[PDB]
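A quick write-up on the structure given underneath.
Reminder, nothing fancy here: chain letters follow the sequence lines and each chain counts from 1. Quick check of the header: X-ray crystallography, 1.5 Å.
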Amino acid sequence: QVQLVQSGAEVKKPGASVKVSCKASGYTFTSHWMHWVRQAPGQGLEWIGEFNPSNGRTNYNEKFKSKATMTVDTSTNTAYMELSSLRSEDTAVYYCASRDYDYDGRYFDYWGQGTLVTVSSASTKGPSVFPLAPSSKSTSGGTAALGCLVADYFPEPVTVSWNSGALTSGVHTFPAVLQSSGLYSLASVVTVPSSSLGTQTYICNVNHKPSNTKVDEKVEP
Amino acid sequence: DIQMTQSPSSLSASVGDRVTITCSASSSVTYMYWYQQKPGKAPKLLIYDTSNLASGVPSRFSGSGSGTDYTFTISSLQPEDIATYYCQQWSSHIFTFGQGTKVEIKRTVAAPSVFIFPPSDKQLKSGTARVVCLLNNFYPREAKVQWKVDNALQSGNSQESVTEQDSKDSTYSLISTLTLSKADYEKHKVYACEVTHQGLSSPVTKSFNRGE
């Protein structure tokens, strides 16, 4: 299976540089062009450029010519994009994507998961995680709600899974809210049967890559 | 350089409706593509070369072109089709994207299921009480939460967030958090969230007494 796995979210002070990576697998790396696409949080999609790993050819959006440098390392099947002289408006999700025509005429099109780069002078901060326990005050007709509050982190993003991704039905992980302080908080919740609170275990798995924070919190009745 | 205008910016439609999105280009484009993007996810190719379906894409999706005007059509809108759709053209070694069209779903009225979460011991040890009210799986999106503490309406000390529309049931959920210091929390007894929504004929209150 074709996979493109990008490096984790980062925060960077203005004037700095960052190099985002995109590791390809499941196909012959040199056989397809690698693209880079920007989407700032909440300017849509913009094409940065493309790099041909078979011959080193590049084509850039003129807008990004001074900003971005695309390279590859064919020995590790990895594409890179380096952004220099970072300013606040460089805050965006950056995607890598392998896209072009096969010789037969079918279009090959696969995308990485994206990498959020935040440009800020503010300090990175790891979250506090608080279970929201199922109780008689969070039941509704045989169902119990439970969750985790992920408080006071910077910058975005936080990701949350339940039971290492084995619990996805009925999960709602909410968009983050901006606190007065400039930090963020988010909540994730799930509804489950109230009947089996005694026999099932529910763990929220919280990741905040900028502070390399990985926390697993058991949420118990 | 090619300028494009994508319309409309957003639309709302019922399950089974025909949805049509247009991309108008300043000059003739060499290649037209259509992408679908769901929130938090990467774009997914649906259509390449104006009208060719990407592999495994359902037959309800189609594209066409007439000069500098390009259209994308979903013949029968399904709940899983909510997304923002983008045209992307290529000419003369440059790709450019349209502005996007957010496609929403209409469905029947569904009242929220309401749940409340008293602050844990872990929270209170941290010095701050965050009381959480969850409104689950409702439609339409518009809802109102009011917090009452010993029946006194609160202002200035809550935050709320709403999900994207659900790809299975076309509902929304909302979370509201009342934040007080531990000291302020311990000065009061009854904590209540009051919910108003089109599916409810009168406000629904969910409440608890501190310490039980």
Exercise. Quick check: which of infliximab, crenezumab, matuzumab is at chains A and B?
Worked result: matuzumab
Exercise. Does the entry give chain A a name, and if so, what?
Worked result: CH1/Ckappa Fab heavy chain
Exercise. What designation does the entry use for chain B?
Worked result: CH1/Ckappa Fab light chain
